[PDB]
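Note: structure shows paromomycin (bound form) engaged with ribosomal RNA 18S.
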Amino acid sequence: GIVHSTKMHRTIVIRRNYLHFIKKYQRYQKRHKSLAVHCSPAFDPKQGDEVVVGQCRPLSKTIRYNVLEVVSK
Amino acid sequence: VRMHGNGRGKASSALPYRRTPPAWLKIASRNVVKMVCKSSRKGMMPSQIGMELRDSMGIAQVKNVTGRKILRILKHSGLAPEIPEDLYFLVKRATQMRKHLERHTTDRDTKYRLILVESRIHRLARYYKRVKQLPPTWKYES
Amino acid sequence: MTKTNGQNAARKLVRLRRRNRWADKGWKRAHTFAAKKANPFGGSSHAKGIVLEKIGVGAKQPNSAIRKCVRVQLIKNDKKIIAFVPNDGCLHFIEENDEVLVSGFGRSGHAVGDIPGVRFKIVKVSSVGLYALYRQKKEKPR
Amino acid sequence: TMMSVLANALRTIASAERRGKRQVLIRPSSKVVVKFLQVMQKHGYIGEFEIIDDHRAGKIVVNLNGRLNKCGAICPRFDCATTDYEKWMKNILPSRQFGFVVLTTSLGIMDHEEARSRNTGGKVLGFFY
RNA sequence: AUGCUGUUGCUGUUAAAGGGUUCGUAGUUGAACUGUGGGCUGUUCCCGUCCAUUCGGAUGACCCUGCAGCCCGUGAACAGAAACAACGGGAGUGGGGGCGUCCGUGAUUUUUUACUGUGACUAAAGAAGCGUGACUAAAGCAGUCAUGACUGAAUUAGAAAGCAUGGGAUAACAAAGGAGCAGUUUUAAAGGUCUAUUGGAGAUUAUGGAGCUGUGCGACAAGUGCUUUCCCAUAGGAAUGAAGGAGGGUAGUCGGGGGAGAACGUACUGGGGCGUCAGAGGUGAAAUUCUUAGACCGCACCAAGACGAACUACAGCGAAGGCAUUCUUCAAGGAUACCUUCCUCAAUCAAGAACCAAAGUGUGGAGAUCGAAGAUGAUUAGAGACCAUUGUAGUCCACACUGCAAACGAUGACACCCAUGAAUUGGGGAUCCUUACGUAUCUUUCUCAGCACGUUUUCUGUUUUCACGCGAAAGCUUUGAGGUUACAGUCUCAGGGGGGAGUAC
RNA sequence: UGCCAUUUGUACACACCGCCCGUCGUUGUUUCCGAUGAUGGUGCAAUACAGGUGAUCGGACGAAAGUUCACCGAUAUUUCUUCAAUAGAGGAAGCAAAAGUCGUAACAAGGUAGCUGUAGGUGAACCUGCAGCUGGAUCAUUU
RNA sequence: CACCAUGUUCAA
Ligand SMILES: *O[C@H]1[C@H](O)[C@@H](N)[C@@H](O[C@H]2[C@H](O[C@@H]3O[C@H](CO)[C@@H](O[C@H]4O[C@@H](CN)[C@@H](O)[C@H](O)[C@H]4N)[C@H]3O)[C@@H](O)[C@H](N)C[C@@H]2N)O[C@@H]1CO
Ligand SMILES: NC[C@@H]1O[C@H](O[C@H]2[C@@H](O)[C@H](O[C@@H]3[C@@H](O)[C@H](N)C[C@H](N)[C@H]3O[C@H]3O[C@H](CO)[C@@H](O)[C@H](O)[C@H]3N)O[C@@H]2CO)[C@H](N)[C@@H](O)[C@@H]1O
Ligand SMILES: NC[C@@H]1O[C@H](O[C@H]2[C@@H](O)[C@H](O[C@@H]3[C@@H](O)[C@H](N)C[C@H](N)[C@H]3O[C@H]3O[C@H](CO)[C@@H](O)[C@H](O)[C@H]3N)O[C@@H]2CO)[C@H](N)[C@@H](O)[C@@H]1O
Ligand SMILES: NC[C@@H]1O[C@H](O[C@H]2[C@@H](O)[C@H](O[C@@H]3[C@@H](O)[C@H](N)C[C@H](N)[C@H]3O[C@H]3O[C@H](CO)[C@@H](O)[C@H](O)[C@H]3N)O[C@@H]2CO)[C@H](N)[C@@H](O)[C@@H]1O
Ligand SMILES: [Mg+2]
Ligand SMILES: [Mg+2]
Ligand SMILES: [Mg+2]
Ligand SMILES: [Mg+2]
Ligand SMILES: [Mg+2]
Ligand SMILES: [Mg+2]
Ligand SMILES: [Mg+2]
Ligand SMILES: [Mg+2]
């Protein structure tokens, strides 16, 4: 995903942007999913940084993923 | 001016195919950089430097004589304007319209044309902030 | 001047079509609930009712007759309607306070040609069929 | 403004060919619009064409030989699988005998007949017949 | 059935339908460029020397994709440069150097996504169908054959997402905005930093490997000449290009474009000043109305408020409403010219903004003329109308509000291609498919090296009678309603039989 | 008064003795407004609170009855919100029906050209003022 | 440019 907001303490919200194909109108459609991802203090990702997240257990009400690598800018 | 208004006017300068100085001019590439950087110390903006070299020195297209462009020569020397030349003359136009409109409260046409120049200002300043020629906090006057 | 291409323009085309299907009087009647809540039959067919009174409805121009029809009050929702009695005779088979089985006739509730403002039809009176009484297949109870 | 340069070029070829001209002047040009024309040369629908060099985008002068009926561009460039060639032939081509659908594939810009033989798929660019 | 829901695939000048005009976000769409290589071998005329005089003659042309090996741009070699992209607790008891694998671990500088080809996984019943005379068939999975035999129940499509892998055209995400920038090896020397062996293990201990930085020195490069460049007698030149896309600049400008000041012009009224005398007015005919306390008329003038005749047109300006005397001013606008600058900044638009005729509204002015309402005449069967005489609100200005037009071209915006002949407005320039060519008129002591014209080019604008093509037709036609069943350049708004009804909430 | 031809306009077509508009009467229908009347559910949160669960005591005969507290919470009642239905004096709009009344607005220069916007007037079609439009009854007259 | 309003219902 790409980092959307880092305003929470030690947790980021990533944004996963994808094109949804409609079988009727032979055309794609921009959709997105946002995920709250726990971010370790090993990492400091800014907004727009591309991260790799790995699924883990529930860590809060919404956190299922956990950042593994940050690709800067 | 096509962007605001109905004008389909096509009046431009058509640059030559043969991008080479004409061999009758013996001025060095080193001296043209001195003349370009000198005119900027007399307060001339890059569009005005090039006409003075075009008209009087015989240097059509400073890029062909010295391999880099006029504003690039100025940025290297530290003599670039603070805000770009496009944005300068649109702001300088927009303040001269507003100083008119403060005493002429019902100039209905110039209030319309002032919307159009400020729409050009907010649309260029979005370009220059994106391309980082302008600081992110820039924010035109009115 | 009509529609949009673009490989990523499907949300525009999906929204554009879902609003223009409401202009279709078949799509709008099949997808709004004023269709059944105002239909005197409860979105169904052949509703029963009780004969209240006999009416002679005069035919529209250029025809000239009076059409023999009863006004019945339905049992499932207590809605008063006027319904036509088809054949030569056949108000002689209907008396007041008779239960009658009333269908529409023809055109999905749009008043088959000559008769003004009547869009239903008697099928069966006193739980014996009304066309069977006409052809004398069988006769009325009691 | 001009959006598709290939759709511009094929529209000026097809217009000047129904007028029965001997040459067209195509402006602007691309790498795509010359690779489309070289498909139209190989199956002899156009003649020799010439790319004039500006230091701008070029211009192309195409010699027409009367054989082209219609060339057009499919916009947007729909993705076409290998199972989908017989669907695109029935839609935009007049017959299965003649006529070509040009596709941009990984292997290059090819017509539909070559791309069926090399077992590839692509995005559809245009057609000529 | 219904291309009557249109992605394929609909309509929108007049049949229902382009929204009054601009700006404008979300949205959708978006110009070109960095390249796909090469070698060998196959596979009769016409042009001249004699005749003839507004018409003849004997006398140099042409004709004979296919397989292999490439430092795979050119440099540079004859393994080095170019371009590239250590664990035995490992392997069915470890397959004296080289070669090359396998497995797992460390150190070294980075490219994805859509698309597309193959796979891997994916319950029957249902669909497709392979066998088979349940008597046929709908079925079903069975059965078929001469102390048991060959057994059958084959196979295929099944949405998207998920998994693996290779192809690199088209597109996409991201970053950059280019002064904001990323010298390689031999050699010996100085200083200085926190594991493996000596039989093991523990504790001390100097030497050394490889790395750390400040040097001198030996080779070779360098995409920008330092045997230079400035001074005077010190990295600064290596960057795609400049879109018949946008922006900005400079230049004479052009126009009923807009704002602000003054000043003119007749006219409609109303006044007095001069004179006149018997009716003026108005109409299809009249009558309301004015008039011997002098109407109408005539002359000069004054006042006030509107309005700028003719010139004034298939003319100009403006985004649309709209704009018509003059002179002094204020800020602008487009076009044109350009070898100026910039370098993708754009197109179109829900939401949101600012304008928007006339009538209307509020508060102040103004109040000449025309004049909804109203009043009188008349016409009429009636006249609440047309016609005549009046007359309130209004008309006009300032500042607010409204936002309702046949706001029209009943035609959305931006690009593209598109035959012909008169004109017109502003700017500029000349006087076997050809290697080029034509210039008059008249005004001219100062907004005057001037003004207008003539012939010809060319850009921008408003159009006209004229080739395709199109349309149900009327008609449209580089100004599309053309380039459309041979149907896809981009975006956007509206329509879906007539009503009810632009009504009710 | 009629007829014939040409031009032009037309909503006429058994064709101007044509067609056609609104008010008003009669009958029937479906909506809407309306003092007032009233129904079924939701949600909101307020108390009261059946039961139980856990704890604390209890300890008749280890362990029943019973205390007390916390928690889950049905139900009851009230407060507004919200959805769906419903009665109503009276006041309207619309539509539909063989030949009732009043005019004549539109179609022709429909006899005052029509029509758009707006404002005011009228039994009723409608008239009137102002600015637009031609879909006009003119593609046209200081060259 | 005085006034000049209207002709029941189907059908042929
Ligand atoms: O921009 C012009 C274009 O480049 C060019 N194709 C031209 O087309 C015609 C040309 O038509 C116009 O005739 C007009 C004269 O009646 C003339 O206008 C010109 O008039 C001159 C005198 N005033 C000039 O001074 C003026 O600037 C200019 N506007 C032409 O424009 C014909 O004359 C030719 N015979 C044929 C060309 N095809 O028209 C474009 C603008 O209309
Ligand atoms: N307007 C009323 C019309 O009546 C129809 O109603 C029904 C009938 O009128 C109609 O019956 C038709 C019959 O009229 C016509 N003459 C022949 C046709 N085969 C029949 O059809 C019927 O009978 C066959 C048997 O062969 C059945 O197989 C078939 O499914 C059935 N539709 O088929 C319909 C099925 O009962 C439509 N349901 C209705 O939508 C439509 O509006
Ligand atoms: N429930 C409200 C009622 O509405 C009534 O009002 C009725 C009338 O005022 C009103 O009049 C309608 C009218 O809308 C429409 N424009 C014309 C229609 N003919 C009339 O209809 C009425 O009048 C006629 C008599 O001529 C009757 O035959 C008819 O049944 C009756 N509904 O329609 C209403 C009923 O449809 C009464 N005021 C009263 O009973 C009560 O208020
Ligand atoms: N029906 C709703 C409306 O009624 C109005 O008009 C209605 C009435 O005013 C009109 O009345 C007409 C009248 O024009 C004409 N002068 C005389 C004629 N007899 C009347 O007719 C009416 O009444 C009789 C019974 O009396 C009915 O048989 C007849 O069907 C009906 N039209 O008939 C119409 C009824 O259909 C509107 N003009 C119209 O817009 C609309 O149709
Ligand atoms: Mg190893
Ligand atoms: Mg440019
Ligand atoms: Mg006077
Ligand atoms: Mg006087
Ligand atoms: Mg009269
Ligand atoms: Mg008057
Ligand atoms: Mg008549
Ligand atoms: Mg009458």
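The sequence lines fix the lettering, A, B, ..., with proteins before strands; numbering per chain opens at 1. Every number for a ligand or one of its atoms is a count from 1 in the order of the listing. All values below come from the heavy atoms of this structure, side chains included, with hydrogens, waters and symmetry mates left out. Only a slice of the deposited entry appears, and the contacts counted are all within that slice.
- All instances of paromomycin (bound form) together account for ligands 1, 2, 3 and 4.
- Counting only non-hydrogen atoms, chains lying under 4.0 Å from paromomycin (bound form, ligand 1): E.
- Binding site of paromomycin (bound form, ligand 1), heavy atoms within 4.0 Å: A423(E), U424(E), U425(E), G426(E), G427(E), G428(E), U457(E), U458(E), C459(E), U460(E), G461(E).
- The organism that the entry gives for RNA chain E is Leishmania donovani.
- This entry records a covalent attachment of paromomycin (bound form, ligand 1) at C459(E) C5.
- Under 4.0 Å from paromomycin (bound form, ligand 1) lie no other ligands or ions.
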